[PDB]
There are 2 protein chains.
Amino acid sequence: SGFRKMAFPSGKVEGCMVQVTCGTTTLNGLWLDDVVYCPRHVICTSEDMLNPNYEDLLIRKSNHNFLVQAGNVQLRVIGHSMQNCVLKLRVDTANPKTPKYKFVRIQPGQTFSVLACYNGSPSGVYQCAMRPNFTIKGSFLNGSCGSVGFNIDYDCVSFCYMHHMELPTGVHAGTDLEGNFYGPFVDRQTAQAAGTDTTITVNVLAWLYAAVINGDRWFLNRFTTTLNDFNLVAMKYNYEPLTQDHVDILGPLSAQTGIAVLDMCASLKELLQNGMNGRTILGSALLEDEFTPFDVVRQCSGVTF
Amino acid sequence: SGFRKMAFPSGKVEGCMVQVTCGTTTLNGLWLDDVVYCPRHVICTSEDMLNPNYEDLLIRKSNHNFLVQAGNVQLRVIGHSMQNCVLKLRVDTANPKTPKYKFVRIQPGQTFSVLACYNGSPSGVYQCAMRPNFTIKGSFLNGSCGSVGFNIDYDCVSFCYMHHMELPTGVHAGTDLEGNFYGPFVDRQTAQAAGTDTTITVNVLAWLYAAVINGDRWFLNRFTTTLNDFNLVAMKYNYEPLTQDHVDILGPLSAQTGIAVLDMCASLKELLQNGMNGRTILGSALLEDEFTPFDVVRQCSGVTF
Ligand SMILES: *C(=N)[C@H](C[C@@H]1CCNC1=O)NC(=O)[C@@H]1[C@@H]2[C@H](CN1C(=O)[C@@H](NC(=O)C(F)(F)F)C(C)(C)C)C2(C)C
Ligand SMILES: *C(=N)[C@H](C[C@@H]1CCNC1=O)NC(=O)[C@@H]1[C@@H]2[C@H](CN1C(=O)[C@@H](NC(=O)C(F)(F)F)C(C)(C)C)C2(C)C
């Protein structure tokens, strides 16, 4: 019993974190095989970042301009190229600690662990959801860029995020491992706005099932609702519309508890309309939307790696 | 910016986890040097746990009765001894992945990372605080016993917890690596309840400094209180008494922000008596007490390991 925000064990990702320096700019890189992937703004100075032309900045750079440090060891960069907002550095050797991996582009609502690093060294690990407005609510300081987000499926590390920047409202933005930004953001030091953030509805229901499995059941009612009737109510509260696909994803949790998805929606509707009245759910006074249906199943059935 | 509950990178602890089976009872062990530490109830059958005579049960157990598995390799147990509630199985092979380590007993209020395991394999990582009632709010299932709590001091791993049991309200209990339980709990399936919990006041104040550091400054007021006047209000709300040692520990946070501890106490008093007025602090509608002042400093400085 008990329910916590839980990150994947990070040992496999730790063995891939290196330090990338270009001039006086230092950040992190991800060493897999003989390639190191890092944000392309490692080539900028403080002034370049206001309006960079990465193409010309990179032309003025050659192999001896990039220092890659793995532990106490310098890695010889024997090639470089630019793929979207990510820089690929060909190094003299393959990472002996390279795990089985893939690069994936995640959907909004999906979660991943972030291994926050500074100077190629791991500082901490925390769980993050890709918000519907394509930002994450993380914890990143100067030099954190290059820190990656990932998921583990038994032995395989699926990398999905690389940190690049922080937006005005304290939220964070970055790219997939191909350099494509999540959202309408650019790697330029200029005011940019993230859209209005909505609540991931399928995730709130998933967390309500986790609360039920843990014995937190005060919010359950003997009422029912239709999918349309629930959506008409929830949308006034800035909740994402719930679809038949989302109900199919909630199925294993529904079957395990014996509470139909639309029965749980009637409890969620009541919580939005009447509030929580000083009560808590899994120790929280707000409805939590950063656990996916899979995160609940994984935690409640002890999936190991 | 951004303040998140963060666990230590788990790589170092991952390499120390093994599986320990005795008869039909299977759980996790911690392999350091040529010794495997695990909870002593691994020798118990399902009926023994109601009223176990450990001294007697262990006398009827031999080295050959303990199966220890490190990956696909079975380790030969060449000796054993019972230290309080922990079993120490001497194996014929030192763990080549043994990091620099120490065993410590933590105090209530101090935090640690839990690497949760099943069958000797890591499933996830999260941060916990030793509550004033000596329980922890974790997430553990059947077979999670022997999973450990740890802190990392750059290169040294301080092991401070080993999971043994779960109490009625979904809260957990365990021992230090000497087998001594935190709290008044015993390792027997008998009626036990955690004493009424209190809020860790120094951790709440450290969390408000983290809020000011990140921009949430709405709760700051012109008022100032004494230590005595603060403590008379905290006790009403079930808060731990704030001592001069707690005030001294808060010193680095107070100096970085230029806000006196007793000026932050007036902010906390106002918050306890009159509420949060519909506002959040660091994305939370409740006052968080699981970040110690060292966690706030570590995260806000980007300390690496
Ligand atoms: C990479 N190490 C940092 C990480 C930032 C620093 C503070 N916390 C973070 O997440 N990335 C940057 O410094 C990027 C980088 C230039 C400026 N920058 C920003 O994150 C800035 N943000 C923006 O200009 C905005 F709002 F558009 F996102 C900053 C104001 C410094 C937070 C580049 C090339 C975008
Ligand atoms: C270790 N593998 C498990 C972890 C438990 C199982 C359910 N969730 C957990 O955290 N430990 C146990 O099964 C221990 C073990 C016997 C009984 N047990 C308990 O934790 C039980 N609790 C109590 O006896 C109580 F109420 F006193 F705290 C249980 C009812 C199974 C939760 C021993 C030797 C204590």
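Chain naming is simple here: A for the first sequence line, B for the second, and so on down. What you see of chain A is 1-305, where the numbers are those given in the PDB entry. Residue numbering for chain B follows the PDB entry, covering 1-305 in order. All values below were derived from every heavy atom in this structure, side-chain atoms included, with hydrogens, water molecules and symmetry-related copies excluded. Just so you know, ligand 1 is whichever comes first in the structure, and atom 1 is the first atom listed for that ligand.
Measured by close contacts, the chief partner of ligand 1 is listed under UniProt as 3C-like proteinase nsp5. As for ligand 1, the drug there is nirmatrelvir (bound form).
Other chains near nirmatrelvir (bound form, ligand 1) (heavy atoms under 4.0 Å), by letter: A. The PDB records the source of chain A as Severe acute respiratory syndrome coronavirus 2. Looking at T190(A) against nirmatrelvir (bound form, ligand 1), only its backbone comes within 4.0 Å, counting heavy atoms. Annotation: atom 18 (N) of nirmatrelvir (bound form, ligand 1) to nearest protein heavy atom, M165(A) CB, 4.2 Å. Protein heavy atoms are absent from the 4.0 Å sphere centred on atom 13 (O) of nirmatrelvir (bound form, ligand 1). The covalent attachment site of nirmatrelvir (bound form, ligand 1) is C145(A) SG. Contacts of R188(A) with nirmatrelvir (bound form, ligand 1), taken as heavy-atom pairs under 4.0 Å, involve the backbone alone. Summary of contacts: the protein heavy atom closest to atom 22 (N) of nirmatrelvir (bound form, ligand 1) is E166(A) O, 2.8 Å.
Residue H172(A) approaches nirmatrelvir (bound form, ligand 1) through these ligand atoms, each under 4.0 Å from one of its heavy atoms: 10 (O). In terms of polar-atom proximity, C145(A) is counted as a contact of nirmatrelvir (bound form, ligand 1), with an N or O under 3.5 Å from an N or O of the ligand. Checking atom 30 (C) of nirmatrelvir (bound form, ligand 1) against the protein gives no heavy-atom contact under 4.0 Å.
With a 4.0 Å cut-off on non-hydrogen atoms, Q189(A) touches nirmatrelvir (bound form, ligand 1) through its backbone as well as its side chain. The proximity of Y118(A) to nirmatrelvir (bound form, ligand 1), defined as any non-hydrogen pair under 4.0 Å, does not occur for either the backbone or the side chain. Among protein heavy atoms, atom 33 (C) of nirmatrelvir (bound form, ligand 1) sits closest to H41(A) ND1, 4.2 Å. Closest UniProt active-site residue of chain A to nirmatrelvir (bound form, ligand 1), with heavy-atom distance to 1 Å: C145(A), 2 Å. At under 3.5 Å, a nitrogen or oxygen of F140(A), whether backbone or side chain, sits near a nitrogen or oxygen of nirmatrelvir (bound form, ligand 1). Here the shortest heavy-atom distance to atom 34 (C) of nirmatrelvir (bound form, ligand 1), taken over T135(A), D48(A), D187(A), belongs to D187(A). With a 4.0 Å heavy-atom cut-off, nirmatrelvir (bound form, ligand 1) is reached by the backbone of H164(A) but not by any atom from C-beta on.
Here the protein heavy atom with the shortest distance to atom 10 (O) of nirmatrelvir (bound form, ligand 1) is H163(A) NE2, 2.7 Å. Within chain A, the UniProt domain with the largest share of residues touching nirmatrelvir (bound form, ligand 1) is Peptidase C30. Using a 4.0 Å heavy-atom cut-off, the binding site of nirmatrelvir (bound form, ligand 1) is formed by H41(A), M49(A), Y54(A), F140(A), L141(A), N142(A), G143(A), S144(A), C145(A), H163(A), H164(A), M165(A), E166(A), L167(A), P168(A), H172(A), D187(A), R188(A), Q189(A), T190(A), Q192(A).
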